[PDB]
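Drug clarithromycin bound to macromolecule Erythromycin resistance repressor protein.
Chain letters run alphabetically, one per sequence line, in listed order. Following the PDB entry, chain A shows residues 7-188, kept in their order. The numbers used for chain B are those of the PDB entry, and the residues that appear cover 6-190, in sequence. Values below: all heavy atoms of this structure, side chains included; hydrogens, waters and symmetry mates excluded. Order of appearance sets the numbers: ligands from 1, and atoms from 1 within every ligand.
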Amino acid sequence: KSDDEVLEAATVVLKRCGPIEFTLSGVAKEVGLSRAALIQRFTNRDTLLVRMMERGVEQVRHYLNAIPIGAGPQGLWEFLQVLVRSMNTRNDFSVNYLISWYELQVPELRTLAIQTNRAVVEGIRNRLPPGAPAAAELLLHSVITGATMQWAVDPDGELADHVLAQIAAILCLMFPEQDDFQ
Amino acid sequence: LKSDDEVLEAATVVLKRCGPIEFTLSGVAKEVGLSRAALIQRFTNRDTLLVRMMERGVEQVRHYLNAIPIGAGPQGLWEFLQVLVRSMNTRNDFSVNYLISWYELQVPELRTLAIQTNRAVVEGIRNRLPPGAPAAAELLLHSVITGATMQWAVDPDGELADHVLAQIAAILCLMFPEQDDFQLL
Ligand SMILES: CC[C@H]1OC(=O)[C@H](C)[C@@H](O[C@H]2C[C@@](C)(OC)[C@@H](O)[C@H](C)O2)[C@H](C)[C@@H](O[C@@H]2O[C@H](C)C[C@H](N(C)C)[C@H]2O)[C@](C)(OC)C[C@@H](C)C(=O)[C@H](C)[C@@H](O)[C@]1(C)O
Ligand SMILES: CC[C@H]1OC(=O)[C@H](C)[C@@H](O[C@H]2C[C@@](C)(OC)[C@@H](O)[C@H](C)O2)[C@H](C)[C@@H](O[C@@H]2O[C@H](C)C[C@H](N(C)C)[C@H]2O)[C@](C)(OC)C[C@@H](C)C(=O)[C@H](C)[C@@H](O)[C@]1(C)O
């Protein structure tokens, strides 16, 4: 078992037990090792969460760089569709808001939450066609963020359908010289 | 000595201070100045007190939104949104809002009230849309406020309201091109 593989296993545990009940003992039974082994490789649960979020930042950047780039506003629309539809709601999605809140209470994790968000914002900024409004990347990131929490509180249909309806609405406003976003 | 509404107010202080997980009747008792037994006599237990708190919250949101001065056209919308955004006090227990929200989604009786609460904000925004505003504009505007606020909460720079209203002005400018400029005031 490699350090990377146990970090992925820990991600499973975090999304299942939440950050409060996240423990080395739980990560061990998941990946199939001992607590003493994890304390040797990661010291404590706080450092394991740090290493997990560090890998998360790299994984965000890797995933955003992988999505093909189409032409113009339509390519931006295509990019946002893939990004949003990637959010898995097969299981309880609300645990991720506890993870977020918890991370912001721990300074080193808060820094990594910042880097995670800046990576997504930068990924969107680099896909902006010419002529897009200033700081358009921030407004688009806010729509995804806000519309997702909207649905998380008051779910109606699929998460992606709720979010992308609003993304299409604001893209139509940003790029009125286009036909339409469907 | 201390009315039910006074109890709900003190309980809200405890909730914002301690969060929904460490929230206890003993804490509310200490804050409001009644015995825990008196609170049990009147609210049964901590969970039921939380429900009553969120029921009151739904009415308070609607009354607050209704009371914001009523203006005309896109400018009236812009003015209403400025007041709504500036009402969030980031120096009075703000991060706890996100733990409260998560918690509410775990308790069905509370989640129903969180849904009513968000729907009251969306409808209050809809009630200030001028004729000719895009369909579903209220949901988009609510998402920008909600999303820009969490954006700032994670990665703050400057004041929350300036961060959020910069994006509201930008989207309003796109919603109403005929309009002149959406400036702060
Ligand atoms: C709280 C609310 C926020 O939710 C979260 O933090 C989730 C729980 C993430 O998973 C967390 C947990 C995690 C294990 O992903 C499941 C971790 O990898 C990721 C960094 O953050 C997501 C699902 C990430 O997507 C995932 O990013 C991965 C790099 C690859 C995944 N997929 C294989 C292509 C992809 O779906 C994503 C980048 O958010 C940042 C999605 C992107 C649209 C956003 O930035 C969103 C606006 C989010 O900030 C959010 C909805 O506001
Ligand atoms: C998760 C993040 C979200 O936070 C919450 O939902 C909290 C958990 C709320 O407290 C919940 C729980 C509650 C007990 O308050 C703490 C309850 O009273 C309230 C109705 O909703 C808020 C703080 C409410 O404000 C409160 O509204 C009250 C009418 C008066 C309060 N104060 C005296 C000026 C004021 O702070 C408010 C109406 O949101 C809906 C703020 C309004 C600007 C929004 O809609 C925001 C976009 C929010 O949705 C949010 C930032 O996205």
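Other chains, heavy atom under 4.0 Å from clarithromycin (ligand 2): B.
Inside a 4.0 Å radius of atom 2 (C) of clarithromycin (ligand 2) there is at least one protein heavy atom. Proximity of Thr122(B) to clarithromycin (ligand 2), defined as any heavy-atom pair under 4.0 Å, is confined to the side chain (atoms from C-beta onward).
Residue-ligand proximity, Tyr103(B) to clarithromycin (ligand 2), at heavy-atom distances under 4.0 Å covers atoms 1 (C), 2 (C). This PDB entry assigns chain B to the organism Escherichia coli. Close contacts of clarithromycin (ligand 2) with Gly62(B), meaning ligand atoms under 4.0 Å from a residue heavy atom, involve 18 (O), 20 (C). Using a 4.0 Å heavy-atom cutoff, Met93(B) is listed among the residues neighbouring clarithromycin (ligand 2). Checking atom 22 (C) of clarithromycin (ligand 2) against the protein gives no heavy-atom contact under 4.0 Å. Ranking protein heavy atoms by distance to atom 6 (O) of clarithromycin (ligand 2), first place goes to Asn123(B) OD1, 4.6 Å.
Atoms of clarithromycin (ligand 2) found under 4.0 Å from any heavy atom of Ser106(B), numbered from 1 in the order shown, are 1 (C). In the candidate list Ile130(B), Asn102(B), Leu118(B), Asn102(B) is nearest to atom 10 (O) of clarithromycin (ligand 2), counting heavy atoms. Distance screen at 4.0 Å: atom 30 (C) of clarithromycin (ligand 2) has no protein heavy-atom neighbour inside the cut-off. Of the protein's heavy atoms, at least one falls inside 4.0 Å of atom 43 (C) of clarithromycin (ligand 2).
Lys21(B) CD, 4.1 Å is the protein heavy atom nearest to atom 16 (C) of clarithromycin (ligand 2).
The shell of residues lying under 4.0 angstrom from clarithromycin (ligand 2), judged by heavy atoms, excludes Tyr69(B). When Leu89(B), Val63(B), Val66(B) are checked for heavy-atom proximity to atom 38 (C) of clarithromycin (ligand 2), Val66(B) turns out nearest. Within 4.0 Å of atom 34 (C) of clarithromycin (ligand 2), not a single protein heavy atom is present.
Measured on heavy atoms with a 4.0 Å cut-off, the binding site of clarithromycin (ligand 2) is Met59(B), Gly62(B), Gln65(B), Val66(B), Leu89(B), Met93(B), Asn102(B), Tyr103(B), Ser106(B), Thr122(B), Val126(B), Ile150(B), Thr151(B).
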